[PDB]
**Q** 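PDB structure, Transporter holding clomipramine.
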Amino acid sequence: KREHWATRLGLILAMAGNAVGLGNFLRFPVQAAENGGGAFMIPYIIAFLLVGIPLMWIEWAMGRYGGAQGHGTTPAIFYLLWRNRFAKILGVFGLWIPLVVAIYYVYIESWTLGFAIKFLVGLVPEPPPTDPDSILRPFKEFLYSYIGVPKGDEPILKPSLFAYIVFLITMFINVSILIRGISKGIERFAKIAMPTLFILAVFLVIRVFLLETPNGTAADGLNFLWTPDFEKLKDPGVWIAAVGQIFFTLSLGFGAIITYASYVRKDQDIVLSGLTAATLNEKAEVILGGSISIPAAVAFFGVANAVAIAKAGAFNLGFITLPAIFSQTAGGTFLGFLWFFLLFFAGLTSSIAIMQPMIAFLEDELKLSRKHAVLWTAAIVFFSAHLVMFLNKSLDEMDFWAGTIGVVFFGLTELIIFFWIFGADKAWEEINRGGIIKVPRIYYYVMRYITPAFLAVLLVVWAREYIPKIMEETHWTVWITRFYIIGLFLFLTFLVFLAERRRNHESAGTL
Ligand SMILES: CN(C)CCCN1c2ccccc2CCc2ccc(Cl)cc21
Ligand SMILES: CN(C)CCCN1c2ccccc2CCc2ccc(Cl)cc21
Ligand SMILES: CCCCCCCCO[C@@H]1O[C@H](CO)[C@@H](O)[C@H](O)[C@H]1O
Ligand SMILES: CCCCCCCCO[C@@H]1O[C@H](CO)[C@@H](O)[C@H](O)[C@H]1O
Ligand SMILES: CCCCCCCCO[C@@H]1O[C@H](CO)[C@@H](O)[C@H](O)[C@H]1O
Ligand SMILES: CCCCCCCCO[C@@H]1O[C@H](CO)[C@@H](O)[C@H](O)[C@H]1O
Ligand SMILES: CCCCCCCCO[C@@H]1O[C@H](CO)[C@@H](O)[C@H](O)[C@H]1O
Ligand code: NA
Ligand code: NA
């Protein structure tokens, strides 16, 4: 009774949409810009080869394996691979991480829809005729008024009425797709969204490549991004940034690739399919995402200033700088619309992917109907999102624990359980089974020894030289978000406990 992807194309575009999202167009540019541009790319490429690709196959394999037995989420799948109560508990992260990411990701996605709407109808700011700030300030105030940045000392946000309603609409749109299921919902939408997304992105790159000012050209932006710095490879922070981006952009460690793969027929290839999805994401990221905002910013403000803007972070580059720059060109407001529409489709195809794990768990383990599973999941995300919408820095806290530390920790966890506990040879066999192509021989040793060792070191260095400076150097309000998401973990563990009991009570009625 489990759904399955209808076509190979659909599967590939759905998986591609899972990966290609806000991380490609917003996160990548910031990470690369603040880490030296080209100096970021070497570790990034290496991370993609030693972590991205191998974990992608591992997650597809685990998902297809679990699906064959009617399970699409990690609490059950981890137990199938390691029959130990602790496997179910660690598996909870496969529901918690995607749920927590969704709680702030859908909200950011809603901003892009709201901006798309306002830019389409021309309800945007109008700067004067060369001073930077005189042009950027109006756009900064525009964003600040939208999300309600604090004007006082209280760490409280005051979202505009329009932003709140657009978030509601955004949740509604995510639900309209998810409620139709895998083949008729997610797959059908991906076939529409991905082509649209690709065309919009190419057009924007072309337009940005035409940008030129007394300060530079788009070419200067590209040179900054693709010019190596072999003297930065010794910087740990750059590696942590690169690996973190690889996980986020490929949706690895979210339990999302696994859940999507659980709808792939038991015999269907995952080697070539997985590699293709990963390659598509990388193209969209380094070629499309990398060629839009960085080159535009560099062309208008020069490299030094572009970098400063990125380090200023706070969504400056994508929500303030790029539109401000576009406003200086004929048809620039429409150009802004295209940008935000692109971001919206990129985010939407990814948010449905990160919400599906909770949906699958409720359907697979608690036996809820798809309708009910989708509605309760949306309700939980909608409610919880109020924390991100009203408490300044809550978004940052969730993105750190789930979207940064969480995904890397879970990636290592799933690899250990699948390639070490379940059995390296059994895992290798499982990955290659039905493959249109075989995984290169060398990757067996990468998956069994290199990847885990690489991640283990990363995490160690991370928790010893970086985390401490946060667990003690933040406003007391970070504890509100920490308290809440720990509660979410507790609640999800309770649900796994209930699924466990329903299972036994149902098994007893069978014997
Ligand atoms: C209401 N639907 C009959 C219209 C079909 C188009 N559609 C779509 C396409 C594939 C799968 C699900 C959905 C339903 C919701 C939705 C939302 C936004 C857009 Cl941009 C298209 C879109
Ligand atoms: C610093 N914070 C204000 C933002 C944190 C979240 N964020 C994020 C999260 C989900 C989707 C898009 C983006 C875009 C901006 C960005 C840039 C770098 C990092 Cl590492 C995180 C990051
Ligand atoms: C069911 C959970 C309810 C949580 C309380 C939500 C209160 C939202 O309240 C609304 O917030 C909007 C954005 O700031 C404002 O524009 C509206 O005027 C305000 O009524
Ligand atoms: C896509 C549909 C969006 C509907 C929300 C529009 C929010 C526009 O703006 C709102 O308009 C209201 C009057 O209609 C005013 O009372 C509010 O003060 C104003 O912020
Ligand atoms: C942890 C998340 C808590 C969300 C509770 C939000 C309660 C909303 O509170 C309301 O917000 C409006 C707009 O900001 C204000 O105009 C109202 O005076 C205020 O009561
Ligand atoms: C983390 C929780 C954030 C909640 C945001 C609440 C925003 C509501 O706004 C607050 O309402 C209070 C009345 O109760 C007033 O005394 C405050 O001055 C006002 O800023
Ligand atoms: C560190 C990860 C490197 C990945 C690059 C793999 C390139 C594939 O390498 C090729 O694999 C084939 C099948 O195993 C072999 O028959 C070829 O001799 C070998 O060159
Ligand atoms: Na991505
Ligand atoms: Na996406």
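Quick note: residue numbers are just sequence positions, from 1. Looks like X-ray crystallography, 1.9 Å, at least that's what the header says. Both ligands and their constituent atoms are indexed starting at 1 by order of listing. Computed from heavy atoms alone, side chains included, the values below leave out hydrogens, waters and symmetry copies.
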**Q** Could you point out every ligand or chain corresponding to clomipramine?
**A** ligands 1 and 2
**Q** Give, by chain and number, all residues and nucleotides of other chains with a heavy atom within 4.0 Å of clomipramine (ligand 1).
**A** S176, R180, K184, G185, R188, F189, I192, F345
**Q** Atom 2 (N) of clomipramine (ligand 1): protein heavy atom closer than 4.0 Å?
**A** yes
**Q** Can you pull out the closest protein heavy atom to atom 21 (C) of clomipramine (ligand 1)? Residue, atom name and distance to 0.1 Å, please.
**A** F189 CE1, 4.1 Å
**Q** If the cut-off is 4.0 Å to any non-hydrogen atom of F345, which atoms of clomipramine (ligand 1) fall inside it?
**A** 20 (Cl)
**Q** Looking at this entry, which organism is chain A from?
**A** Aquifex aeolicus
**Q** Could you tell me which atoms of clomipramine (ligand 1), counted from 1 in the order shown, lie closer than 4.0 angstrom to a heavy atom of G185?
**A** 11 (C)
**Q** Tell me which protein heavy atom sits closest to atom 17 (C) of clomipramine (ligand 1), plus the residue, atom name and distance to 0.1 Å.
**A** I173 CG2, 4.0 Å
**Q** What protein heavy atom sits nearest atom 14 (C) of clomipramine (ligand 1), and how far away is it?
**A** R180 NE, 3.5 Å
**Q** To check your reading of the model: name the closest protein heavy atom to atom 9 (C) of clomipramine (ligand 1), its residue, and the distance in Å.
**A** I192 CD1, 3.7 Å
**Q** Output the list of atoms in clomipramine (ligand 1) that are nearer than 4.0 Å to some heavy atom of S176, sorted by atom number.
**A** 15 (C)
**Q** Look at atom 11 (C) of clomipramine (ligand 1) and say whether a protein heavy atom is found at less than 4.0 angstrom from it.
**A** yes
**Q** Could you find the nearest protein heavy atom to atom 5 (C) of clomipramine (ligand 1) and give me its residue, atom name and distance?
**A** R188 NH2, 4.1 Å
